Amino acid sequence: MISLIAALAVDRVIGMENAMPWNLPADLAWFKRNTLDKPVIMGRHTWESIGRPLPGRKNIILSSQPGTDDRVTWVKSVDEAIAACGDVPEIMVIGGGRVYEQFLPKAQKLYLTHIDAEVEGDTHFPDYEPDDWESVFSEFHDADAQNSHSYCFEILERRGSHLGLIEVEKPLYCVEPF
Amino acid sequence: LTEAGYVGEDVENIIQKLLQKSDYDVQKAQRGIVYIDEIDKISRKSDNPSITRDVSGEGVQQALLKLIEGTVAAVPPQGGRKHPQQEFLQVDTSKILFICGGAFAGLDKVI
Amino acid sequence: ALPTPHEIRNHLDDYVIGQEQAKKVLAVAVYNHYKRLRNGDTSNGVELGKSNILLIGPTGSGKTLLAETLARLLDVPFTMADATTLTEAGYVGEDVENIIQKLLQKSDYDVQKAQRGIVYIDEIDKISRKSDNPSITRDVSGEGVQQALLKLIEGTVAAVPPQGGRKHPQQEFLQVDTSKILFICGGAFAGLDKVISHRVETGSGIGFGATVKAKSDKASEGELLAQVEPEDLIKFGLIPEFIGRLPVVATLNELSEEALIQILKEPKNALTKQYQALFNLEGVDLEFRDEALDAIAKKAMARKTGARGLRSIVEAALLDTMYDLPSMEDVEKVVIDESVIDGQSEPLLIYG
Amino acid sequence: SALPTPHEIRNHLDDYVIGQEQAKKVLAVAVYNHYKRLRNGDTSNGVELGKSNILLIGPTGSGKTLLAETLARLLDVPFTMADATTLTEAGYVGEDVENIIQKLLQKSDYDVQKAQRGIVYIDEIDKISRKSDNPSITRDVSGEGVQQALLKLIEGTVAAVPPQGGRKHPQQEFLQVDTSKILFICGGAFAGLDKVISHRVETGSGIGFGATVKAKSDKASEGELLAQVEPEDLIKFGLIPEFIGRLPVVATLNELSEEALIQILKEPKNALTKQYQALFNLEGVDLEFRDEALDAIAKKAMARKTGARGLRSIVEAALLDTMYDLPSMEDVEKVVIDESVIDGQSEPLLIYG
Amino acid sequence: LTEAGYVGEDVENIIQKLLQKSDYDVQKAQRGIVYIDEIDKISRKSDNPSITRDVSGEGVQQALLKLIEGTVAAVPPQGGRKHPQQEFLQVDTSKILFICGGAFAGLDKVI
Amino acid sequence: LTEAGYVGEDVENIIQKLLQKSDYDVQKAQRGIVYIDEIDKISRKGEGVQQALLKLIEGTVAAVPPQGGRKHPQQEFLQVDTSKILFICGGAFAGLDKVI
Amino acid sequence: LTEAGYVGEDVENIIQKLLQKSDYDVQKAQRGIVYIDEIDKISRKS
Amino acid sequence: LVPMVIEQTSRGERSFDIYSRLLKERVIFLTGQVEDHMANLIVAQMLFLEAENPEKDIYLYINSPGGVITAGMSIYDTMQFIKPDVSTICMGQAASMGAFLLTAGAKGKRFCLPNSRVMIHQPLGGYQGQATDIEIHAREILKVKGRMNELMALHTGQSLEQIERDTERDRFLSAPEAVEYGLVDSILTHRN
Ligand SMILES: CN(Cc1cnc2nc(N)nc(N)c2n1)c1ccc(C(=O)N[C@@H](CCC(=O)O)C(=O)O)cc1
Ligand SMILES: Nc1ncnc2c1ncn2[C@@H]1O[C@H](COP(=O)(O)OP(=O)(O)OP(=O)(O)O)[C@@H](O)[C@H]1O
Ligand SMILES: Nc1ncnc2c1ncn2[C@@H]1O[C@H](COP(=O)(O)OP(=O)(O)OP(=O)(O)O)[C@@H](O)[C@H]1O
Ligand SMILES: [Mg+2]
Ligand SMILES: [Mg+2]
């Protein structure tokens with residue numbers, strides 16, 4: 001029950017380490033709304049962009065280095081991090097590229113926010129084809145005063161689809177005395 | 001349209017279309033009309049034995065039995081503005097008039 | 001105090017007509033469930049179990065009608081499902097766990113109320129595998145759904161998604177025990193009569209000692225369906241494990257001409273009453289002669305669609321009338337006679 | 001430690017389960033053998049002993065799940081039941097095998113020691129058998145996809161322990177208690193395996209005077225065939241050869257007999273007869289089941305081919321009419337069920353009082 | 001091309017290829033020309049009784065009856081820079097010319 | 001290989017293998033030399049499999065599933081023109097000697 | 001075993017299993033051997 | 001010319017001859033003189049049906065005027081060997097071998113149409129050669145008579161002495177009369 005909520009931009013340029021190139025308040029509202037009261041695995045690089053501990057969430061920074069703060073939970077491996085969350089019904093992965101790439105293979109949902117603004121980001125979200133990701137929720141907004149460019153929301157769930165078969169028949173062959 | 005659990009479409013998207021026309025007004029969509037064209041192509045190949053699931057034929061008929069009569073469909077909350085994050089909209093199909101249509105080529109011989 | 005089966009049957013007779021066995025089976029089941037809830041303290045070492053019903057009847061018999069009728073009087077949370085939408089876990093189709101979610105919504109998130117409810121999985125005959133033979137491909141909508149429900153009928157702890165039912169601010173898997181939830185399945189099982197005939201009737205062949213009936217004396221669908229045994233259901237394509245969780249097997253009987261006549265006027269929302277409402281809200285009276293009802297029943301039986309056939313016959317007889325009457329003026333009543341049902345005559349409109 | 005012996009636990013399993021003598025012995029010997037290694041761990045023994053993972057293969061209504069449930073009651077180590085029909089490959093929206101260990105920790109009370117000493121009963125192992133013959137487009141997200149994941153758990157993997165109970169603090173107390181020290185018991189009915197086993201052992205029939213022509217009654221039952229099962233048969237069914245190898249001991253249950261069914265009606269603590277008597281007494285009427293009726297009920301249930309579950313059908317039917325009018329009629333003290341009632345030619349006599 | 005719910009391809013791919021050449025501009029794609037080659041291979045092999053389901057033959061003919069005439073098709077999610085997936089681009093094929101070419105080996109005898 | 005609609009591997013798969021050897025490049029793949037083999041034995045009384053290949057050999061654009069080096073970043077399925085690939089289709093025609 | 005980085009088992013897992021055995025030393029890793037078995041089963045008659 | 005009929009099955013329709021179609025229904029025809037060639041054909045049919053279903057009865061029609069004894073003792077031994085009961089229906093005529101093969105059917109599953117005729121006589125033979133050989137052949141034919149007379153008494157219920165006094169010369173018996181001796185059990189007149 002892992003999630004990889006992100007704010008993917010054109011050509012999946014997450015730009016997490018570098019300060020958010022758009023700063024859309026709505027994108028943060030979506031984040032907050034879908035990440036409140038649940039643990040939020042992140043990365044040390046991402047933890048240096050926010051600084052303060054997110055309120056109401058069990059912040060779990062996955063930093064190889066030792067822990068530097070005592071207001072957030074500190075883990076140093078991917079297998080322990082998932083366990084460190086506990087038995088919560090849904091986990092949210094908000095870390096950067098490295099974090100996303102490590103948790104995506106074990107992710108069930110994707111709270112994506114597709115921003116239209118084009119930036120030359122250095123970090124990118126992993127590649128996810130659409131045949132295996134069956135969308136569930138989608139919302140389309142438009143650029144406003146606070147939101148420089150338009151922003152679209154989306155939720156997906158990994159679900160498989162079966163395919164029919166050839167439906168071949170069984171012909172018969174008759175044999176006579178001669 | 002195809003049976004549930006297969007790559008093809010589903011019988012619930014029909015309500016999505018009806019919703020879009022109604023402007024996502026469940027009350028309006030619940031009192032709408034539908035026209036399912038080509039209802040003669042989902043016919044069961046009765047001459048074949050029941051050895052495979054006709055996901056395109058009999059499979060689609062078995063799925064509309066409760067839709068055309070009445071059920072509570074679960075449609076994805078998709079649209080311009082959707083208040084329910086993941087609370088799939090419940091639409092009652094007990095007041096939606098369905099008007100099927102087909103050419104039924106070959107029925108003349110049967111009669 | 002709790003209501004007796006007789007009382008329940010009375011409520012089920014206002015809407016249904018002619019299904020005595022199914023009404024008794026459902027009445028005792030609800031009665032037992034009611035005492036199995038009242039007697040929650042379990043004042044005996046034994047842990048009282050539950051019996052699940054499997055309504056096996058032909059089309060237009062009252063399978064879904066009974067389920068709906070039950071929800072009107074009972075108080076415990078009740079839900080309806082559709083096996084055609086359900087698929088095995090891990091596929092695009094719906095999940096069996098969603099059923100509990102819908103029950104929780106009607107229970108107001110009171111797990112205790114939901115833990116003791118009645119479910120009605122309809123169209124349970126569509127998930128039946130092709131035959132007892134092994135399936136070469138994964139029957140996502142067939143066997144898959146059967147194997148997924150096995151634990152739900154006998155009992156298990158289902159992890160319904162958080163923030164379900166009525167409770168919106170919840171971030172923790174809620175647990176609901178499915179060991180005291182009466183799952184009432186139901187299907188039409190079209191083609192079962194042939195399977196049963198191959199067992200109850202043997203010897204059919206060419207010769208002097210074989211058997212021939214001519215279809216006049218051959219048993220009817222109802223008669224054959226009343227001899228259904230698990231061995232037949234297995235051939236029809238129901239895994240033995242699924243049948244075991246459905247001990248009670250109540251069979252409905254194909255409605256008869258006499259019963260169809262009563263269904264046109266006796267029921268609470270009888271067909272005739274529905275049409276009278278239309279003609280009456282516009283300002284015209286409508287009545288049906290007793291002879292007309294008998295004629296309609298004979299035609300409907302030929303359609304082989306049960307009570308549904310009635311609506312078709314009625315719509316045709318009053319089609320022309322409902323097309324020109326809205327514009328007609330100074331008309332107060334319409335009378336349908338036997339002649340109208342056969343087309344020889346046209347309804348006589350009483351002007352006024 | 002190891003206070004109870006195999007005989008002792010067998011006497012405890014007989015209180016709830018009637019029959020399945022061989023299955024009880026296998027489950028007893030294996031549980032005791034595994035427990036002995038657990039007493040001392042490696043037991044300062046150079047040679048590495050093989051595991052005793054059990055594979056319960058029995059007909060429907062034989063007692064597979066019942067054995068696991070009753071065994072858990074007398075055990076102290078954590079016991080978690082898992083259904084193989086809800087487990088999906090990693091990443092998909094369905095459950096993952098990894099949470100099975102998590103559930104075990106909850107029952108274990110987050111005690112690493114107790115956790116590595118638990119027993120995991122995986123029911124419905126016959127529903128994940130790979131059947132699709134070279135699909136090549138889709139993914140077996142409920143078949144082989146799950147079999148491979150199970151292999152890792154039974155053959156070793158890390159089970160990092162998070163401090164679920166103790167308030168999560170910035171501290172890593174994960175010692176990675178390997179799952180190889182856990183006894184995995186996989187159940188399943190394997191419907192159809194009898195046909196597979198028959199072909200391998202099929203004597204072969206002909207048409208002449210020296211052929212082996214046998215009537216249906218002269219054939220062998222699934223119980224006899226299942227007893228002769230071999231690994232090759234399980235592979236044909238759709239199980240990975242490596243997976244079955246991890247489970248060396250196979251316990252084959254036997255279809256309940258008339259005698260066993262008669263006992264199940266009255267001997268068990270919560271038998272059917274007692275269950276119906278309880279509700280009949282809840283209303284204020286005594287229920288009496290003549291011994292003659294009990295054998296009759298068993299005869300019919302043996303034909304339903306639903307195991308012990310058939311008993312509930314026969315009983316519910318016989319009492320349908322009575323249970324419908326009894327709550328309304330008054331001046332009734334006791335009800336007696338005789339053989340005639342079961343057949344359907346008589347109506348239960350009532351002791352008016 | 002094959003019927004919906006099978007391992008082959010679907011008739012909506014034809015409209016996807018038209019978007020790749022139209023820079024994913026539905027408006028422009030709705031005023032394009034198509035050419036379906038080998039239209040003689042989706043013809044019933046004298047199977048008038050319709051014994052089985054011709055997912056590759058008659059089935060494909062039954063799926064084009066509304067594409068060649070006009071309908072609001074559900075184009076696959078994307079094959080370009082479109083970010084969303086559920087978009088399921090809706091294109092009207094009522095102003096899209098449809099040429100169909102085949103060899104019809106044997107038609108000379110029928111005539 | 002087999003026709004479409006059947007469980008048998010599709011002809012487009014050959015394009016996939018070609019690109020993989022090309023190390024995720026178009027220039028190289030465009031200058032590649034594919035070698036079909038065992039062309040015999042798929043003849044009449046087969047015909048369907050020969051119909052699909054009949055087009056690829058004389059030019060056709062094909063959707064290359066984006067999987068491999070960095071999962072093939074290109075979001076257009078890295079289309080490739082099959083009208084510049086030398087198709088050296090071989091085979092041992094057992095029996096042709098007699099026919100001749 | 002199944003298709004490399006595709007539906008089914010991942011063959012890349014095999015080269016990783018021996019990576020730790022080689023103490024993350026490419027030199028030793030190259031000197032290793034991969035003992036595949038039951039190859040007669042996956043052989044065609046797909 | 002034997003007409004060809006079609007049988008509708010799930011797999012499809014198949015064309016079989018009238019006799020073969022009836023064979024599927026466990027119906028064997030015994031017509032004409034009895035000989036080794038036709039006897040082996042009937043034996044093969046009985047063995048084939050036994051393998052298909054060793055619990056379903058087999059029907060054997062008898063419209064033959066008699067024939068070789070040895071050819072008829074193979075069929076008899078084959079009927080008594082196989083597990084399924086072999087019903088016998090007399091159709092028109094049943095001579096010595098036909099009647100011997102009509103009373104050999106399973107008890108309770110023997111029938112004779114209302115206008116059928118049954119004839120029972122003693123074995124016929126003859127040999128030309130030396131007196132020593134005539135004696136050898138004479139003793140053997142006398143053993144077959146005693147052997148066949150004993151088998152009929154077992155299947156009919158009559159005393160051996162009566163069978164000897166009734167088979168000395170040709171004895172014609174109608175269907176109602178055959179029921180009183182034991183050659184048949186009931187008479188089929190209508191379907192029900
Ligand atoms: C740098 N950054 C990373 C960031 C930004 N937008 C995202 N948007 C999405 N959809 N997903 C994320 N992973 C995501 N991550 C940020 C920036 C601000 C806050 C923040 O202040 N969050 C507030 C909500 C905003 C507010 O009200 O101040 C909170 O309470 O969690 C968090 C992450
Ligand atoms: N005994 C009855 N009394 C009154 N109405 C009936 C009766 N039987 C059928 N009906 C009519 O038929 C409809 C209910 O159909 P029903 O509940 O029989 O579904 P079903 O046909 O059994 O389900 P399926 O289509 O899956 O077989 C109602 O509209 C009702 O008016
Ligand atoms: N040997 C037995 N002794 C007592 N009760 C039994 C026995 N076998 C079956 N039962 C009865 O059957 C029910 C449990 O059946 P169980 O779950 O063991 O069947 P199963 O083999 O698990 O079926 P499936 O193979 O479908 O899972 C209980 O209600 C129990 O009373
Ligand atoms: Mg219904
Ligand atoms: Mg079980």
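Lettering of chains follows the sequences in order, A, B, ..., and the numbering in each one begins at 1. In listed order, ligands and their atoms are each counted from 1. Shown: partial entry. Contacts: counted within the shown part. Values reported hereafter were calculated over all heavy atoms of this structure, with side chains retained and with hydrogens, waters and symmetry mates removed.
Among the choices pimavanserin, methotrexate, tovorafenib, fludarabine triphosphate, what corresponds to ligand 1 is methotrexate.
In this PDB structure, the PDB entry names the chief binding partner of methotrexate as Dihydrofolate reductase.
Other chains in heavy-atom contact with methotrexate below 4.0 Å, by letter: A.
Applying a heavy-atom cut-off of 4.0 Å to methotrexate picks out A/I5, A/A6, A/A7, A/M16, A/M20, A/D27, A/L28, A/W30, A/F31, A/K32, A/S49, A/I50, A/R52, A/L54, A/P55, A/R57, A/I94, A/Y100, A/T113. Methotrexate places these atoms under 4.0 Å from at least one heavy atom of A/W30: 10 (N). Every atom of methotrexate with a heavy atom of A/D27 under 4.0 Å away is listed here by number and element: 6 (N), 7 (C), 8 (N), 9 (C), 10 (N). Shown here, atom 9 (C) of methotrexate is in close reach of the protein: a heavy atom of it lies under 4.0 Å off. In this structure, atom 13 (N) of methotrexate has a protein heavy-atom contact shorter than 4.0 Å. Less than 4.0 angstrom separates some heavy atom of A/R57 from each of these atoms of methotrexate: 29 (C), 30 (O), 31 (O).
For chain A, the PDB entry reports the organism Escherichia coli.
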